[PDB]
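Below, chain A is the first sequence line, B the second, and so on; all start at residue 1. Basis for what follows: all heavy atoms, side chains included, without hydrogens, waters or symmetry-related copies. Order of appearance sets the numbers: ligands from 1, and atoms from 1 within every ligand. According to its header, the structure was obtained by X-ray crystallography, 1.8 Å.
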There are 4 protein chains.
Amino acid sequence: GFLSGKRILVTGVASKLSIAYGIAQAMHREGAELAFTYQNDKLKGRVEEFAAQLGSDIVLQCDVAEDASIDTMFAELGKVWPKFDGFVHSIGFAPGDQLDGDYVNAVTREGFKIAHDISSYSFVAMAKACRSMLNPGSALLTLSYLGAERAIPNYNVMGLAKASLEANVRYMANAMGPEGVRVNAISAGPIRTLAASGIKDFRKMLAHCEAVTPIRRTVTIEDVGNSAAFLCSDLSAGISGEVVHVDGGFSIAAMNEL
Amino acid sequence: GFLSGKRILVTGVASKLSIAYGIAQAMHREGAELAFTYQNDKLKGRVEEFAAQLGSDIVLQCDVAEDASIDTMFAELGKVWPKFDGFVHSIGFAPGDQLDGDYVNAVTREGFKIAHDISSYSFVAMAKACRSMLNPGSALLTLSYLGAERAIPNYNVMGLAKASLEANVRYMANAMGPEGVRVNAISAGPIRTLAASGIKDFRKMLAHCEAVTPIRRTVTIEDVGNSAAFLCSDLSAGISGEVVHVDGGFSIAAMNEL
Amino acid sequence: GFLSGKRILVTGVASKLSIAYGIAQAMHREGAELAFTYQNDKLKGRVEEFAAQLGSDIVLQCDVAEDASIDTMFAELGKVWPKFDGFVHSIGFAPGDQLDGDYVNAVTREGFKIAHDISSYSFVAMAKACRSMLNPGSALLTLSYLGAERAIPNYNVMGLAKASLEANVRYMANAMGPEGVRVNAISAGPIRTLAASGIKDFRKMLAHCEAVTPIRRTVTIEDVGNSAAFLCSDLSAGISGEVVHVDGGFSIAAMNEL
Amino acid sequence: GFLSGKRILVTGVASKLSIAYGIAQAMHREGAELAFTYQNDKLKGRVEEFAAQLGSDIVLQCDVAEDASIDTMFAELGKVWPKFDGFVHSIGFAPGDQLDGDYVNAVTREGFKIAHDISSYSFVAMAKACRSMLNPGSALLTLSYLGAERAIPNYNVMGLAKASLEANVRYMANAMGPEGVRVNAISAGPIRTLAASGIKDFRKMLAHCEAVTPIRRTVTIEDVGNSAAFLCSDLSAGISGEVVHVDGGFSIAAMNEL
Ligand SMILES: NC(=O)c1ccc[n+]([C@@H]2O[C@H](COP(=O)([O-])OP(=O)(O)OC[C@H]3O[C@@H](n4cnc5c(N)ncnc54)[C@H](O)[C@@H]3O)[C@@H](O)[C@H]2O)c1
Ligand SMILES: NC(=O)c1ccc[n+]([C@@H]2O[C@H](COP(=O)([O-])OP(=O)(O)OC[C@H]3O[C@@H](n4cnc5c(N)ncnc54)[C@H](O)[C@@H]3O)[C@@H](O)[C@H]2O)c1
Ligand SMILES: NC(=O)c1ccc[n+]([C@@H]2O[C@H](COP(=O)([O-])OP(=O)(O)OC[C@H]3O[C@@H](n4cnc5c(N)ncnc54)[C@H](O)[C@@H]3O)[C@@H](O)[C@H]2O)c1
Ligand SMILES: NC(=O)c1ccc[n+]([C@@H]2O[C@H](COP(=O)([O-])OP(=O)(O)OC[C@H]3O[C@@H](n4cnc5c(N)ncnc54)[C@H](O)[C@@H]3O)[C@@H](O)[C@H]2O)c1
Ligand SMILES: Oc1cc(Cl)ccc1Oc1ccc(Cl)cc1Cl
Ligand SMILES: Oc1cc(Cl)ccc1Oc1ccc(Cl)cc1Cl
Ligand SMILES: Oc1cc(Cl)ccc1Oc1ccc(Cl)cc1Cl
Ligand SMILES: Oc1cc(Cl)ccc1Oc1ccc(Cl)cc1Cl
Ligand SMILES: OC[C@H]1O[C@@H](O)[C@H](O)[C@@H](O)[C@@H]1O
Ligand SMILES: OC[C@H]1O[C@@H](O)[C@H](O)[C@@H](O)[C@@H]1O
Ligand SMILES: OC[C@H]1O[C@H](O)[C@@H](O)[C@@H](O)[C@@H]1O
Ligand SMILES: OC[C@H]1O[C@H](O)[C@@H](O)[C@@H](O)[C@@H]1O
């Protein structure tokens, strides 16, 4: 496959519906060697089993709210992969009260702080902690959404955190390019995942998107996985600092409705 | 003038070089009644005297890091202006260590937190506190920079913070529009101010911009003031959620240096 | 008013609903001296009567499909205005067969040629013909639509031509800036005009926009007129090469229909 | 390879430096069956040789200035490929006088007409003539440049033609999606080709981009070829109507090395 010879670290696998699970299956199909992280001890056994099905035994705990957890994880990874070729950042969060109802009434100083810290700062916190372990030709990838570029009802402060994340992709690509590292994002269309159930009226989003999207269907974790595999491979060597829309054309149309 | 009958609150005046100083003078010239805030006691003297030159005696303390400070300021303002027509948010900050050299090496979890809290959350924190005091026809305005959109050397985490602020403008305009309030920003070109001196090699950015901007000069606080007066008047009733470039055309050209 | 001392030429007045009529009214209210053009003799009478109400007796025929007609019109304008301060370009056309049904089936080579010649090339053709009659501080303005940025049903080849016009605004601002000229556009929301009746199902666009636009109403020729007067005045001296959205925020939101 | 089982038509091979040459070599490596077009009889011999080296003997004349030439080509293709899976459009032209010096002085009505007809209309002319020959899952691709988005010295009216082409990509994707066809573009960074050598001072554009691009090199036809192969394969099933930047990050940075 087109990822033979690469070693990639994958975050955010919580279940078989996760975008990260889809990305991991596609990368394994194309020949990558993989390593996995897990947020807390309730996820340990599920992730160890997923990793074994994909030929890996490298499974390490990591909570991105804590600098010490990130550092400890990369020091343990270093025992088996002293050098490696990049990582997939598939992590997002905001307190549940932030994501329902009018935006100005729901947002709070603490909710804004947590959303930006876990969904945007954590991407660069990981790069800082593994910078000297990355080979030339490495690639980093994160996942964003259209709520960074447009106001969407109920998405609320997560749209501000994703806008900071997309800027993070550009500043990171500009800083690390000279040493041979690329950094990009995929802006995915709506997909039913565990976290998806926390967005007020996510079921109407899905139905609507299917009706007015140019390809006339919502995208899958297999479509997102194949694009993620391409963006972390040497086939995408000419692409850096980019946000790639993997939403079936939804954002480039208007008023398809009638 | 075109602001006759309007009452507008202006934050951020720190010297006569300040962008907020040029916005206040243009708003006074067009007939508005004004009110001013000051960050701390070191700036109190100067702001009281500037307010007086523009015929105002409403000058109140406000540090937007604190929810209590914002609430107290608006309760005092409510004694003389029970209802009013909007405000100008001209406030930004990040720790000095964040703005020099490689972005991945300089950024820290706490530097990111402060930059986003003061430069982006504070705009929506003021709106929450005064929402029921705004008349039909009101307008809110904030100030952004091209670093939100492109990676610029040394601007570093302030670029991410400005990206979060421009998304804030979109989400606020969508939430407040139905009750009759508009929300926009000006993306200003580089101007020599007190805060500008904190950006490593600011003087070089300024020199480069003068030579390649289409109008062949950098913009002034008078240019920004006149556009701010327009965006807070009824003349701009058809504009909301927009980021307007007031940089002489710098962002729309490439390779004029050749 | 803020246009006192300026001489501006206005094209495109067809009737009292025209966007150009709202622009002329707003500039007359702000003190400008005006001059007008008319496409054919069937409009001659009306335009002479519209000009007379606004204090003008400068009414000249001009068909922008022909280089000779533009040159003759500016040579006649030169007898009373050898020097002037800019013009408003409010002209668009595509053959009727282009604007109904599937885009790929409807577009033709000649259909495409005419739409781009009249809606985009004519703006720069008028600039070439009066470049040495413009005073320092002059401003040019044109009108665009969201169809340049997004695929909209039935707008079809006009969307490609507006995309070409918006690039034209950037290339003209970059070339003419150094001698003292600014060039910009307004991207207006849908408004009921004579030309508007040529778009298949225009009445549905109108009602849809009214319900999901942040300000909850469609924009008027007075809203567009006031923004146009600002953009051709010295108040907007810091703005060039820009496309300003005057659509009540419609373009920055998504999925507002609940 | 990932294009096994697909049949793709390739336009635009002029020499071994051509972007379409790199695209052909990469699609052949990934298992596609190919067919080629040549503009006129001065190119026939060399394109026949290049095709033979990639195992193809399907080589047909096509000048996209003429509807009859495009129709005859698709009728001849139909004798060996009744159905096929998409095409690559790598074609552009404007008269040489258009690309030298100040844009407003150089552009003419005829120059503008030819630029838009050959660089933008031709993409949709080809789609109209082969629409009933495309299998479900087909993909169409064109090549654009940052001149569409920003004003660049000397590129002049080509920048307006590329803005029209990018809008053409959106309108094509929206019309053809429901029947199973995707349409995208690659916005490539500068590459030394025969056509590139017609732009005044191309040597300087190339050197400047090399120094300030985040990856600190200019892109190759192999980089572009690999991204083109992915975009015409089922690996990119979730992407349509998109303009993918393959310029090493050049467009997302500003003021590097200053
Ligand atoms: N599902 C969609 O429609 C969609 C669309 C666009 C983007 N996204 C984004 O894609 C990413 C993946 O989300 P998903 O939809 O796969 O949901 P998911 O619930 O399957 O995955 C979210 C993951 O975030 C991880 N996470 C949260 N906080 C963490 C912390 N402090 N430390 C370490 N890990 C933490 C969780 O463990 C979980 O595995 C997110 O960034 C999300 O915003 C989702
Ligand atoms: N100067 C430029 O070139 C430029 C260009 C684009 C945008 N901007 C932006 O314009 C705005 C104004 O900056 P300026 O250039 O006029 O500089 P300035 O130093 O004159 O003003 C900065 C203002 O921020 C205020 N401030 C900081 N922290 C605060 C806090 N916790 N509470 C209350 N007030 C606080 C200071 O008191 C000061 O009045 C900022 O948002 C800045 O990012 C400046
Ligand atoms: N009405 C809308 O919703 C809307 C929204 C956005 C942009 N626009 C644009 O605004 C401009 C003004 O249109 P309007 O809506 O006021 O319509 P209108 O029908 O009132 O005006 C169109 C004008 O085009 C002029 N025109 C056409 N061909 C010409 C030629 N060859 N030479 C000289 N003049 C010619 C006509 O004479 C007429 O005055 C157009 O560019 C249109 O695309 C309209
Ligand atoms: N080289 C670059 O830096 C660059 C960067 C971005 C985009 N592009 C674009 O890539 C495409 C390919 O150009 P290239 O750089 O590989 O140059 P090239 O000179 O190798 O190829 C140009 C091709 O255009 C074809 N062509 C011109 N007029 C035609 C007509 N009437 N009918 C049929 N074919 C015609 C020629 O035959 C030639 O094969 C163009 O669309 C160009 O604008 C090139
Ligand atoms: O970003 C998302 C976008 C969509 Cl459409 C659906 C789910 C998303 O992902 C999240 C949303 C909210 C929270 Cl609390 C956590 C995550 Cl991971
Ligand atoms: O955003 C700015 C952009 C420019 Cl070009 C110049 C000054 C700016 O303003 C700031 C920059 C840094 C800090 Cl710490 C605080 C502020 Cl107010
Ligand atoms: O561009 C427009 C956009 C809208 Cl929403 C409504 C009217 C428009 O203006 C035109 C539309 C079609 C033709 Cl043939 C001529 C013109 Cl002036
Ligand atoms: O579009 C291009 C962009 C670049 Cl940077 C280099 C080459 C390009 O290709 C062309 C340039 C001018 C003309 Cl007349 C025709 C073509 Cl094909
Ligand atoms: O500990 C409670 C919460 O804190 C956050 O830092 C984690 O990102 C989140 O996933 C968890 O629900
Ligand atoms: O003369 C017929 C047509 O020609 C076009 O050039 C004009 O723009 C249009 O208004 C008229 O209908
Ligand atoms: O104490 C340091 C700082 O904290 C504040 O929140 C900032 O806005 C800055 O102006 C102040 O100096
Ligand atoms: O013959 C002059 C020109 O006409 C064509 O339409 C072009 O595309 C170009 O390559 C040819 O040189």
Novice: Provide the name, as given in the PDB, of the drug at ligand 8.
Specialist: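 It is the drug triclosan.
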Novice: Just wondering - which macromolecule does triclosan (ligand 8) hug the most here, in the naming of the PDB entry?
Specialist: enoyl-[acyl-carrier-protein] reductase
Novice: Counting heavy atoms under 4.0 Å, which other chains neighbour triclosan (ligand 8)?
Specialist: D
Novice: Pick out, from the UniProt substrate-binding residues of chain D, those with a heavy atom under 4.0 Å from triclosan (ligand 8).
Specialist: D:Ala94
Novice: Heavy-atom pairs closer than 4.0 Å: do any link triclosan (ligand 8) to the side chain of D:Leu99, the backbone, both, or neither?
Specialist: side chain
Novice: To which protein heavy atom is atom 16 (C) of triclosan (ligand 8) closest, and what is the distance rounded to 0.1 Å?
Specialist: D:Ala195 CB, 3.5 Å
Novice: For atom 17 (Cl) of triclosan (ligand 8), what's the nearest protein heavy-atom neighbour? Residue, atom name and distance, please.
Specialist: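 Going by distance alone, atom 17 (Cl) of triclosan (ligand 8) is nearest to D:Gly92 O, 3.4 Å.
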Novice: Tell me, which protein residue and heavy-atom name are nearest atom 4 (C) of triclosan (ligand 8), and how many Å apart are they?
Specialist: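 The closest heavy atom on the protein side is D:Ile199 CD1, 4.1 Å.
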Novice: What do you see: which UniProt NAD(+)-binding residues in chain D have a non-hydrogen atom under 4.0 Å from triclosan (ligand 8), if any?
Specialist: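 UniProt binders with a heavy atom in range: D:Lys162, D:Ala195.
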Novice: What is the nearest UniProt active-site residue of chain D to triclosan (ligand 8), and its minimum non-hydrogen atom distance to the nearest 1 Å?
Specialist: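 The UniProt active-site residue closest by heavy-atom distance comes out as D:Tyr155, 3 Å.
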Novice: Among D:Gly147, D:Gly96, D:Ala196, D:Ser187, which one has a heavy atom closest to atom 7 (C) of triclosan (ligand 8)?
Specialist: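 Checking each option, the heavy atom nearest atom 7 (C) of triclosan (ligand 8) is found in D:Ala196.
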Novice: Measuring from the heavy atoms of D:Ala94, does anything fall under 4.0 Å of triclosan (ligand 8)?
Specialist: yes
Novice: As a test of the contact definition, would atom 2 (C) of triclosan (ligand 8) count as having a protein heavy-atom neighbour under 4.0 Å?
Specialist: yes
Novice: Are any of the N/O atoms in D:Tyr145 less than 3.5 Å from those in triclosan (ligand 8)?
Specialist: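 No: no nitrogen or oxygen of D:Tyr145 is under 3.5 Å from one in triclosan (ligand 8).
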Novice: Listed by chain and number, which residues of other chains have a heavy atom closer than 4.0 Å to any atom of triclosan (ligand 8)?
Specialist: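 Within 4.0 Å on heavy atoms: D:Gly92, D:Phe93, D:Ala94, D:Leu99, D:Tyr145, D:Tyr155, D:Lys162, D:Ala195, D:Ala196, D:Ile199, D:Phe202.
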